[PDB]
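Section: structure with flavopiridol.
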Number of protein chains: 2
Amino acid sequence: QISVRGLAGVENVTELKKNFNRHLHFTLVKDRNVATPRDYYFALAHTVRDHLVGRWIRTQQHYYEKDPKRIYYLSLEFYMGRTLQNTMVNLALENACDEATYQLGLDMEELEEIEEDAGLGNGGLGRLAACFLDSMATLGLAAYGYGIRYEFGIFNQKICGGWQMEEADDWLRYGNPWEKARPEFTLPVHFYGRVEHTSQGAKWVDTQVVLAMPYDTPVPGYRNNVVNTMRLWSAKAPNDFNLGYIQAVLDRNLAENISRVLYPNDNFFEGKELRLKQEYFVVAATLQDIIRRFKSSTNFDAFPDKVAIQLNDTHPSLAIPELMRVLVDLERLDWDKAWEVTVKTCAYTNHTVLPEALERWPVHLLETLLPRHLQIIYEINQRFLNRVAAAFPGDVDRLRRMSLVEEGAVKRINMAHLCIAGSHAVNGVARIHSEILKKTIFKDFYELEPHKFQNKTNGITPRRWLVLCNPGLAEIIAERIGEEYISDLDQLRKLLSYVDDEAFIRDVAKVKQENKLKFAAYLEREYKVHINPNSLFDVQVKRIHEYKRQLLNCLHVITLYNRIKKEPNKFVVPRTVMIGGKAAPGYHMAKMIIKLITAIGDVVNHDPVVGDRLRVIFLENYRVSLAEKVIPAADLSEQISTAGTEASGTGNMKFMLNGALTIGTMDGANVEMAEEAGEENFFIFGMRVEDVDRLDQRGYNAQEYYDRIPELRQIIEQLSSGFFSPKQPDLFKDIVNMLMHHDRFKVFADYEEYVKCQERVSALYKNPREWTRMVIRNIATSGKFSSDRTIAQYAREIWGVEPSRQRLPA
Amino acid sequence: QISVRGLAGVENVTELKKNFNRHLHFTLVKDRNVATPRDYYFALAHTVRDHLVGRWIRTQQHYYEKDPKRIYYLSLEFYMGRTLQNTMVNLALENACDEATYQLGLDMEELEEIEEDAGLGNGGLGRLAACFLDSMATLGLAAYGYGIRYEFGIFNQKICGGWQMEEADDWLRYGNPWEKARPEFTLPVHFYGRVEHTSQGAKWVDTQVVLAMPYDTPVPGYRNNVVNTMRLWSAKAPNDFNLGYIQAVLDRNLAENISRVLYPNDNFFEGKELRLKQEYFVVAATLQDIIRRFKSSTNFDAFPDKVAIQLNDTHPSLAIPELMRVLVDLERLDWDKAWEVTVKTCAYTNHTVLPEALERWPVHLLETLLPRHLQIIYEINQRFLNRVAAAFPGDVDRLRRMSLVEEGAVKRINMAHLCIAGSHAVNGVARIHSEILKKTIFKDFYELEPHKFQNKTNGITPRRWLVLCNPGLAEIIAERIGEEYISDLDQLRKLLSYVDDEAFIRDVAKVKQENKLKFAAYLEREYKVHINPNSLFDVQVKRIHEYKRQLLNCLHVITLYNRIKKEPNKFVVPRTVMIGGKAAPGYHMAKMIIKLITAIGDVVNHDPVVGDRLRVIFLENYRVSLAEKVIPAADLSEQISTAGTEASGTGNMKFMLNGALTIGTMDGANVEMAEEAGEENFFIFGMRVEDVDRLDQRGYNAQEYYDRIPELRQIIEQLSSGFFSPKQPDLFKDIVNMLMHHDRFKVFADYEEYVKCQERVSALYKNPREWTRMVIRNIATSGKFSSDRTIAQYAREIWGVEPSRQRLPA
Ligand SMILES: CN1CC[C@H](c2c(O)cc(O)c3c(=O)cc(-c4ccccc4Cl)oc23)[C@H](O)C1
Ligand SMILES: CN1CC[C@H](c2c(O)cc(O)c3c(=O)cc(-c4ccccc4Cl)oc23)[C@H](O)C1
């Protein structure tokens, strides 16, 4: 149908149809009379998977022969989403498969909806890892993603009585056609035990063993015939485990629990033993695999020339002392040489400055679980602090500030400090964030080793986040400037010369309207909810957090409702306000915010005076596949975190690429987005980082705003009196109390400017032509935010490898 | 190479080679450079599996169109062993695959050794179910095996310091290429809860739900293009299960533990809640599946015309009250009609008279776990006892003897009594056993309903137990009488006219010698043990039991050793005595017997005076695949259970078919074997059932035998004094004490006759020609013991269906 989806050749379509039929018969053991839509999905998935294998085998053979430097990306999270469409896009198979399935009497889009998300992440950090894998493959890097194959990913969110309920994401129930189990490469991982000192060094003995079994998933590059590997580890008990008889067999579950479930916390540290086991498990298995591959090319001097290890946050920070352990205890290298190798191998990416996200593990936990690693950490700390003392003589407070060991009620290890000490590079994820690192939380470390500190502004893959989810937009762009932008997103700048093109303006606006109609149809079919497709689609989708300020959005929504009720017969630009996202199960305030949103909707959506002028919808079970549906349909992107709290954001970039305008604070990557597009083409409001700092010095008093803003007073009175909860008048007492007395994120301080700025949004939306022209200026300048750019910078500035767009032979 | 293994056509070999290469590439994602022998095994397994699917789909389609009466074989155990060779045999693919793999540079026998046994059974009962499935498919019956897919089957046995050690049989570790998961046919199973009585009957409410997910395995008939199904259920927690968050997800293991592990007890009842859950789990899921299929053909009058349910022992006895529950509570049938349907549908097979194997469940367990079933059982009991009282008025002791409810310290339900009441047929498994049932333990029931009681003498499949494991013998037989005997084993009688044929005598003896050489080679390669292949191979392989009397064998072994030591320079026929089998982990005495065997070997095998005249070897990890190796190599089959204790035995039949002579008591199927071959061609010794009865009346005094038999006294003195355990003199005190004071199985009473009979064995072995002629008379008369005969009798006399040897179109 459309050009960017590839060719549907006679030979290809015929071959796909026959291989589809073969898989239905031989693989699924079904015929057409009994086959269900799910059977058809699997037959298609297996058919497409067949096209990967040849390329997958030859890519890995190529790496064996050429022996390039290998990149190992370690993450506890890989938020992959669905794989079928992505694979078709990257292999240029989409139109051929669409045709083949059509001739078989099947609708391919319907089959695509059957695939479960691989929801092995919480949000931004996990999705970044996924975009990165795509970009590394597209840029021809010898890269491997290493993580955990969780049996249960991020929970499925149900809304019951306006409240979040959690249920197990049993994503493997029907099988996963993309993975290949590799039980032959199973490796042992050690826990507990004790340290013995002998004539020939330290020995870690009397350990409990858990097996790590790898599952490999192919990662295809964009039309370059490169297929890289994501290797995920699964926990297995050894066969002599606890070996009355029956109980010993049942107790194997204890060992296998390590890979059972993803901790559902977004930017929050929970200091639980099971989590620590997961972190060591992935690190220990991964490092053995790395060393084995390195030896199969004695001399570890060349190790950093052949290996790079990227730590996605501090979660895999144990890689540092584990590498030291292997090199010193097992390979018998001297400390100083092992350390040189470790530092030159490892690099660390920081994702947040928020204190509650920082990993600080109790010494007593590491003492019991990983006794040798604790000893190595103490030794790292001693040697590091000796360097600090020699650089800054007599500065005793600096020594205590920089220590990897934090003294107090319970002694803890600061994992971020460990990462900085043991890495040759430390990066933040947006320019403002990286500057904050150097100026505040890691200031001491920056003064000691300034060369270590870098910035690598985040990005998103334009394959998933444009071509896949918004083919209509990708096509009208390709009609003007060709297809090369898909792997060179900077070419979108060429669209600036079409900002006054009447045909293009009409086409951009038409693509948006179609996306909005499709999404309005999705909502009725799957959730029986009625929305006006001619209204402004105002969307905030992201994890529920106090720092992300869904509450500020709530306050605006109520303001609009109150204004309508005061002057019912006045014209207002109609809006559909959509808010979605998951709350961590134990995050009480975030769960209260969800209830508030649904409670507002219950009042607003049923007021006859409002009509279809204002609608408030909570988007249930927000996840990658839902993002691919709602983001193309959005007019307004809400990016309204308190300045200095959102390190980068990536959701912001997805909206920019897909033709929504942004209302946002000067926070994270919003700053660079506004800089690229021009501040005139962005709806910027609120305190800057400097303004937040000034308010903190003075002391934030929420009462001041309550006293001086009558519209804000009314909302607080409504919340307090039970206007939004008639049967439970005091339901939102915690929210009001927080806002009035302990709001770390200064919701009231940005309220006036936010409301004013929203009025300017509505004014522009009244002028469709000028709305769309501003949209074109955003899309045209979104190129910087391709993860291809991000990965090219990691490659050249951290990993010491050169990216390549050259094809491998098919 | 050999005729019975089929044709190796040019077209077939070429096709197999290309499909092997396809699977290696696309399925295993490997090329020849990195592929391991295991990869080659899987490529072959997938290639052979492809040949099943067409036949599998069309067989099940055939049953849908013709709508025959369906046979449902319910068992907690299916001891399948390996599947690859069996599938090739039944599809006539063995020579073609041998050729195809040879041309690829691979040895097929080596690849066959890679496959794990499906060890989902303990011994005889589980292996009987497996032979039955093979025969039902070969006889064209619309049959389904229903069981549990245990994650862990019968433990792998290791011998350490002469002691049995157990380890988990992780048989699914590398995957199972034969099964097809069917998550779409998942069914709920209910536990706990309570009973509510309403206006419209009883209701079972507030239950906990466990999901039952089916996995289907193909069961191919012998060259008839029929492929039947074995459906095994796996336990899955529902997604809202226990839905802090993390613990709730981890607690899903509790539900899934139901299908985790096979109880490793052979002919022994262990009254554990987990076992009861397994028994209900298989029954509840199976019965829903049966009823669904029956409806997809309102009127349950035709139910018994379309459905037969065979209960393999009392393990699935809950099928009776569960069928009543569904028919009465859910379908709203009146009691009397539901009962009529139930009785006409169900039939029960008894496997033993030993009291410790009989299932007697505490009322309090059923009360908590299955409250509605307990109520139904009480009602069954009341109505049944009203029938007894009307038939035998005033016989109050009969009422208490026949009750399904046993009164005492703890009230129990007798599951065997339940089965008899609710079945239209009850069978024993050998003529002597079935007579014992009618005369002793079920005498009261026989007097009430004599028409119910039948015999169905056990059998073994000649495919696995001759063609597969002994191709050399199968071939020399086929050279004389053709191939038709493989599915009509009675044709072996034609071999009687070759008993004086000098060529045949030479060939039979040559095949045995080759088998013995092959097995002697297997022992050195895998276990580094040296045996003399010219010695008499004296073997007892079966589960370790007091009733099976491995101890009597031990006493003979010691007698032989003592006789050699007394007269070293006297000629004796050299023997290799092999004993193998697993002990239930909690069966202390059986574990002591294993230690005794190894302890005897330690002394005997290292005495220089003995030389290679006597060797004692414990065969480690006895299982189906080992049986297929040792049975063809055996000269003498030890079948020496106390008369009246071994219901049938099936190991006995395997040895008879494979050219070993039998030393045995008149017990189980030994009686019918001797009757078929002629008592002159069997080494029968010891007490008959009548002699055992007479000794019990008088009182068994072991001291009498000790006092009057000097050779026996010496052995007991040796055991007591520490001759076989110098460092632990009192090691075997328990064994001696048992033998002298509490031996329920009268080891001493059969000792003299056994030793005398063994002397007659050695005498015959000295005359190779006459040994072999007696062998020919055994093989020639083994036809009755084909499971094809057994299944034809079940079909005609219990199930009301006619077997068919007619081919389905390929
Ligand atoms: C004082 N108390 C407030 C709640 C907080 C908390 C919980 O008790 C439980 C949670 O799951 C979370 C969470 O997911 C994220 C954040 C969080 C994360 C970043 C910034 C600010 C906050 Cl409040 O906080 C959480 C912690 O107990 C400290
Ligand atoms: C008195 N005591 C003896 C041991 C017996 C027992 C155990 O304690 C544990 C077991 O695992 C078994 C077993 O597997 C088989 C038999 C058994 C089975 C059939 C006939 C005779 C016997 Cl002894 O007995 C077992 C039971 O506790 C009664």
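The chains referred to below are lettered A, B, ... by the order of the sequence lines, with proteins before strands, and numbering in each begins at 1. Only heavy atoms go into these numbers, but all of them, side chains included; no hydrogens, no water, no symmetry mates. We count ligands from 1, going down the list as the structure has it; atoms in each ligand are counted the same way.
Among all chains, the one with more heavy-atom contacts to flavopiridol (ligand 1) than any other is, according to the PDB entry, Glycogen phosphorylase, muscle form.
In contact with flavopiridol (ligand 1) at heavy-atom distances under 4.0 Å, by letter: A. Summary of contacts: the protein heavy atom closest to atom 18 (C) of flavopiridol (ligand 1) is A/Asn267 O, 3.3 Å. According to the entry, no covalent attachment of flavopiridol (ligand 1) to a chain is modeled. The protein non-hydrogen atom at the shortest distance from atom 27 (O) of flavopiridol (ligand 1) is A/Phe268 CZ, 4.4 Å. Of all protein heavy atoms, the one closest to atom 23 (Cl) of flavopiridol (ligand 1) is A/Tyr587 OH, 3.3 Å.
Looking only at heavy atoms of the protein, atom 8 (O) of flavopiridol (ligand 1) is closest to A/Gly586 O, 3.9 Å.
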